[PDB]
Amino acid sequence: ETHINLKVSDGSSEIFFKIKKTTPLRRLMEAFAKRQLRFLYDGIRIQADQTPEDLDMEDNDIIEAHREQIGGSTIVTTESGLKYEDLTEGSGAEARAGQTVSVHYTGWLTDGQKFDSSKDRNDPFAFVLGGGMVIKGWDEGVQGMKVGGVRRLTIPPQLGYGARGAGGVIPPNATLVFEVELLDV
Ligand SMILES: C=CC[C@@H]1/C=C(\C)C[C@H](C)C[C@H](OC)[C@H]2O[C@@](O)(C(=O)C(=O)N3CCCC[C@H]3C(=O)O[C@H](/C(C)=C/[C@@H]3CC[C@@H](O)[C@H](OC)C3)[C@H](C)[C@@H](O)CC1=O)[C@H](C)C[C@@H]2OC
């Protein structure tokens, strides 16, 4: 009765935070940020010193967490059907085919489950870009990234694993969401 659960959606996954209706939303923001900013509720910017009571929130209301660049972002759909969104631009020469890139990544399914993260093995992933050493959506989507950049790829099944799936948990005909952080070239 005195507590409320709030669903925070950042464009990759949904994470819930339960807090007392009189706890400042600062606690939710900090907890979210610590996991890895602009939070919106019904399109209005949440201030840290505001409580759920102040904003007339109800259980399981949704908060949008915006981790992208100040000024906003866009989701690009290319000729292949790949979608990508530059959350952070970074700076440097753009990644080109033939370069060996080192990244951190996290992947999620449509059902919201996280299926992998290179951060969970604490182990950067490196590959020759444009070599067919990764799924098609990665060969296309990592091209153009710059060091320090964070790009979110929404990969349709034809640019992923199609009707086969992979890794046990990626089912047939799955759209995949990856966040890729370019560490080095
Ligand atoms: C010699 C082989 C071992 C070699 C393994 C590694 C270097 C370790 C490396 C961190 C992979 C992870 O190991 C913990 C793990 O990564 C996933 O969890 C994952 O997030 C994923 O989807 N990734 C990984 C990150 C790049 C994008 C994508 C991928 O393209 O991965 C590629 C992939 C699976 C391509 C298939 C290959 C078969 C084709 O038929 C299919 O064609 C559509 C495409 C990987 C990099 C392969 O090129 C190389 C390998 O496989 C898979 C769900 C399962 C996979 O474990 C196996």
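All residue numbers in this chain count up from 1 along the given sequence. Counting starts at 1 for both ligands and their atoms, in listed order.
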What name does the PDB entry give to the macromolecule most in contact with ligand 1?
Ubiquitin-like protein SMT3,Peptidyl-prolyl cis-trans isomerase
Could you check which drug is at ligand 1 for me?
tacrolimus
Can you sort out which atoms of tacrolimus (ligand 1) are near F115, meaning under 4.0 Å from one of its heavy atoms?
20 (O)
Which tacrolimus (ligand 1) atoms does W138 reach within 4.0 Å, using its non-hydrogen atoms?
25 (C), 26 (C), 27 (C)
Would you mind checking which non-hydrogen protein atom is closest to atom 19 (C) of tacrolimus (ligand 1), with the distance to 0.1 Å?
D116 OD2, 3.7 Å
Can you pull out the closest protein heavy atom to atom 24 (C) of tacrolimus (ligand 1)? Residue, atom name and distance to 0.1 Å, please.
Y105 OH, 3.6 Å
Identify which of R121, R164, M133 has a heavy atom lying nearest to atom 49 (C) of tacrolimus (ligand 1).
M133
Per-residue contact class, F127 against tacrolimus (ligand 1) - non-hydrogen pairs under 4.0 Å:
neither
Closest protein heavy atom (residue, atom, distance) for atom 43 (C) of tacrolimus (ligand 1):
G160 O, 3.3 Å
With heavy atoms under 4.0 Å as the rule, classify the contact between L176 and tacrolimus (ligand 1) as side chain, backbone, both or neither.
neither
List the closest protein heavy-atom neighbour of atom 30 (O) of tacrolimus (ligand 1): residue, atom name, distance to the nearest 0.1 Å.
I135 N, 3.0 Å
Kindly state if atom 2 (C) of tacrolimus (ligand 1) has a protein heavy atom within a strict 4.0 Å cut-off, that is, under 4.0 Å?
no
So is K136 close enough to tacrolimus (ligand 1), meaning a heavy atom under 4.0 angstrom away?
no
Looking only at protein heavy atoms, identify the closest one to atom 53 (C) of tacrolimus (ligand 1) and say how far it is in Å.
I170 CD1, 3.7 Å
Report the member of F178, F125, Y161 with the shortest heavy-atom distance to atom 31 (O) of tacrolimus (ligand 1).
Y161
Is it true that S118 lies under 4.0 Å from tacrolimus (ligand 1), counting heavy atoms only?
no
Could you tell me the residue and atom name of the protein heavy atom closest to atom 54 (C) of tacrolimus (ligand 1), and the distance to it rounded to 0.1 Å?
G167 CA, 4.4 Å
Could you help me out with the residues around tacrolimus (ligand 1)? Anything with a heavy atom closer than 4.0 Å counts.
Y105, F115, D116, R121, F125, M133, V134, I135, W138, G160, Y161, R164, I170, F178
